Amino acid sequence: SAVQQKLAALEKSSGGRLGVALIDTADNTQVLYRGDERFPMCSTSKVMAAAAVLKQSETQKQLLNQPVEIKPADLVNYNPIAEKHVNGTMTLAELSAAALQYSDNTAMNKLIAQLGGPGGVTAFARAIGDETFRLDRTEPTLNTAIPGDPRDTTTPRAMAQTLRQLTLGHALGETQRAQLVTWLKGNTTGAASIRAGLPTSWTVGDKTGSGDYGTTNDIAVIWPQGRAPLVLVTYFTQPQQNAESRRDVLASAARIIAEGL
Ligand SMILES: *C(=O)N1C[C@H](NOS(=O)(=O)O)CC[C@H]1C(N)=O
């Protein structure tokens, strides 16, 4: 298709590997480019972890309000919120918000620990019907993004379907789904990625990620003006380990997708 040829041309000009999955829930149509290839999720895996903790809160009514100790040794490579609360506490709701909206890696590690380790996030993924997602490590090593390494990867198709079930479907209870969507809509890191390729009037909730090998990711629920929502996953990774981020490529893929709508 024209969309397929253009995403292939974008990828070719990018010097890396691009994966895109669109679901149009007005009619459930799909656009896929490398939709079944694995990509390192990096920080976009945080969505799953927050959703898994949200799922826990459905049978632990007071869980999201429960204090967690932030200790000096807990800080990792990017802790814009957690570093403010060292030698203090954050609630799991606060940690979820920090992980999703500011991409705080200490907060992500607290979410992971609340689920019993990376395998608890993977187990939640399996429990909501996602067979492809795997989380294997904590922050920051889940971002190594090594080519051919299946750890901490998913496919665009699997992630699009999962994000749809989490934000628009019924993988979560109604309050938890609304809370997840509220968190995603208040993301602070997304304006250069999918959001930039979409018309300004469209509402986006998203989670960005980045890692080694110039890995540049975004996963978004999109509410276009006057139409049913879209789910759009754009993963991008590059051949050299120290490569620079390329959020403009995610914006370009989103712009190509918007024109095909
Ligand atoms: C997630 O990809 N990470 C956590 C934080 N956010 O990246 S984002 O700005 O693309 O969301 C810092 C970078 C990255 C990491 N390497 O930990």
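Note that the numbering runs from 1 along the sequence shown for the chain. In each ligand, atom 1 is the first atom listed, and ligand 1 is the first ligand listed. The analysis underlying the following values was restricted to heavy atoms, covering all of them including side chains, and did not include hydrogens, waters or symmetry mates.
In this structure, the drug found at ligand 1 is avibactam (bound form). Counting heavy-atom pairs under 4.5 Å, the chain with the largest count for avibactam (bound form) is, by its name in the PDB entry, Beta-lactamase. With a 4.0 Å cut-off on non-hydrogen atoms, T44 does not touch avibactam (bound form) at all. When heavy-atom distances to avibactam (bound form) are checked against a 4.0 Å cut-off, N143 comes that close only through its side chain, counted from C-beta outward.
Of the heavy atoms in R247, only side-chain atoms (C-beta onward) come closer than 4.0 Å to avibactam (bound form). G209 C, 3.1 Å is the protein heavy atom nearest to atom 10 (O) of avibactam (bound form). Ranking protein heavy atoms by distance to atom 17 (O) of avibactam (bound form), first place goes to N105 ND2, 2.8 Å. Avibactam (bound form) has no N or O atom lying under 3.5 Å from any N or O atom of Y78, backbone or side chain. In terms of protein heavy-atom proximity, atom 14 (C) of avibactam (bound form) is closest to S210 O, 3.3 Å.
Nearest protein neighbour of atom 8 (S) of avibactam (bound form), counting heavy atoms only, is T208 OG1, 3.4 Å.
The PDB lists the organism for chain A as Escherichia coli.
Of all atoms in avibactam (bound form), listed by their number and element, those nearer than 4.0 Å to a heavy atom of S43 are 1 (C), 2 (O), 3 (N), 4 (C), 5 (C), 6 (N), 7 (O), 14 (C). Heavy-atom contacts of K46 reach the following atoms of avibactam (bound form): 4 (C) (cutoff under 4.0 Å). Here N217 has no heavy atoms under 4.0 Å from avibactam (bound form), in either its backbone or its side chain.
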